[PDB]
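Quick look: clonixin on Transthyretin.
The order of the sequence lines fixes the chain letters, beginning with A. The residues of chain A that appear here are 10-124 by the PDB entry count, in order. Chain B is numbered as in the PDB entry; shown residues: 10-123, in order. We number chain C the way the PDB entry does; in order, the residues shown are 10-123. For chain D, we keep the numbers from the PDB entry: what you see runs 10-124, in order. Both counts, for ligands and for their atoms, begin at 1 and track the order of listing. We use all heavy atoms of the structure for the numbers below, so side chains are in, but hydrogens, waters and symmetry mates are not.
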Amino acid sequence: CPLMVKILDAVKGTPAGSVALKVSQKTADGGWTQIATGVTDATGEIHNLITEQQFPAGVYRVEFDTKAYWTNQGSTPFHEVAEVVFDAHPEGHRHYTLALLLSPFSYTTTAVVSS
Amino acid sequence: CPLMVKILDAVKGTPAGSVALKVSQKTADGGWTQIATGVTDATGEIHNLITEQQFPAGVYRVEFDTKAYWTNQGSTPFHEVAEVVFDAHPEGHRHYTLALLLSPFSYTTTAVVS
Amino acid sequence: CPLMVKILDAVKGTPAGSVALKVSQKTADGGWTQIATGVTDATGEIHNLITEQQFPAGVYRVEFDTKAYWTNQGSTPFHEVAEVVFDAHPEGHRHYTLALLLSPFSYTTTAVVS
Amino acid sequence: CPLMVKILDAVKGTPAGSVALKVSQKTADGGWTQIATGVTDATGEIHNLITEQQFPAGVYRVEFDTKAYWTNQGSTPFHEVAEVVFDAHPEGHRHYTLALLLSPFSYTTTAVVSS
Ligand SMILES: Cc1c(Cl)cccc1Nc1ncccc1C(=O)O
Ligand SMILES: Cc1c(Cl)cccc1Nc1ncccc1C(=O)O
């Protein structure tokens, strides 16, 4: 699997479980095609989110529904979502991990890309 | 002015100057209408980005052109753009500052709401 | 003034007021001498923390009492303290701002150096 | 093993390999006893850093030598070190992961604590 996530909760000090997300692929006219969805497990991950065949070179957007996560925790969130948008170059089985650290009014996102 | 930004560069330890951005408001059908553009000054800020009259409650997106920023700094970036999407509640002259801390492969974003 | 701070609270979206801190400079033998203390105001800042005369080059530590801050906010914290340790190069009236973004189990810290 | 680290490099998008660190335990008179040292592997980790017997309840400091890491990468760093100081409550095999995200002038650190 070429696309992984890892979400952490900076209030409780745990992975962020049960965060819904969507993966989309940019189209030529500037639109977006939804290619996968899921909800993180208790480790803040979604295993086998997409296949290599689903992940050709191009621009991808991963939208994480952080607002619902905070509402369920009892916190008042600032952001509607956290968006991560990047150009993927999957040749040679290059892998992408999108790391995300959540607080009610803030997030940090980084990427780990293999070679 | 109800919407401010403060952008810092985590590599060189300065504000991030000359970062282009676009502000959009979400429509009832789920699309986006662009309402303003700007470019940060050497303090990482943009003065008078929009007016209160342009800022009813609703969902807004600020799209920061971080890819161009990092290319111009000479460092290969990861993100195509940095988007900050938030629901505004301006009643009571509430003001919003979007703070943004940039690295080539990472950013942190937070808000200060008065 | 050559040393400033800016502390934000990532839970409530405000500056972090009433955060206590202590500034120390490292001695030649590797110990620490405390040179100043302060407490942030409601903007998350401390004005006139030290003077240029108190700020030769060297290694400095700022110790922020984040555990007390979070206990007072009513949220269990992880860290006992947040320490920022850096080598200062004041020649040329160079000024340092320590930016700090706090959550109960996490912090981000960066610097703006003029 | 009750104490793990995970260090990432926010410039290159990789784990931060070959970062030296030290683990110390606070003493009653306010001093520090060094209990372990190591250097991260290419995954940004140190496996089996300490044992459970080495990790009684108390205050611990993990000092990461980030300055040398950036000098080797060719960057000019701000911080001398990154310090993480916390009170450990290891009963019930509670585990601590210290996550650290590095840039030349900035770091983010969070903890993942099990239960
Ligand atoms: C403290 C900070 C961080 Cl941690 C990251 C990005 C900008 C900032 N700074 C600010 N954010 C909001 C308003 C003012 C500032 C400032 O630095 O003056
Ligand atoms: C270190 C870290 C930070 Cl600083 C923020 C969010 C997730 C992580 N953790 C990871 N990121 C990527 C891959 C693995 C991990 C992990 O913690 O196992």
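- All copies of clonixin taken together correspond to ligands 1 and 2.
- Those other chains that come under 4.0 Å from clonixin (ligand 1), heavy atoms only, are B, C.
- Listed by number with element, the atoms of clonixin (ligand 1) under 4.0 angstrom from any heavy atom of B:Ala108 are 6 (C), 7 (C), 11 (N).
- One option in B:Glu54, B:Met13, C:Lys15 has a heavy atom closer to atom 17 (O) of clonixin (ligand 1) than any other, and that option is C:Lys15.
- Taxonomically, the PDB assigns the source of chain B to Sparus aurata.
- Taking 4.0 Å as the cut-off, B:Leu17 counts as a neighbour of clonixin (ligand 1) on heavy-atom distance.
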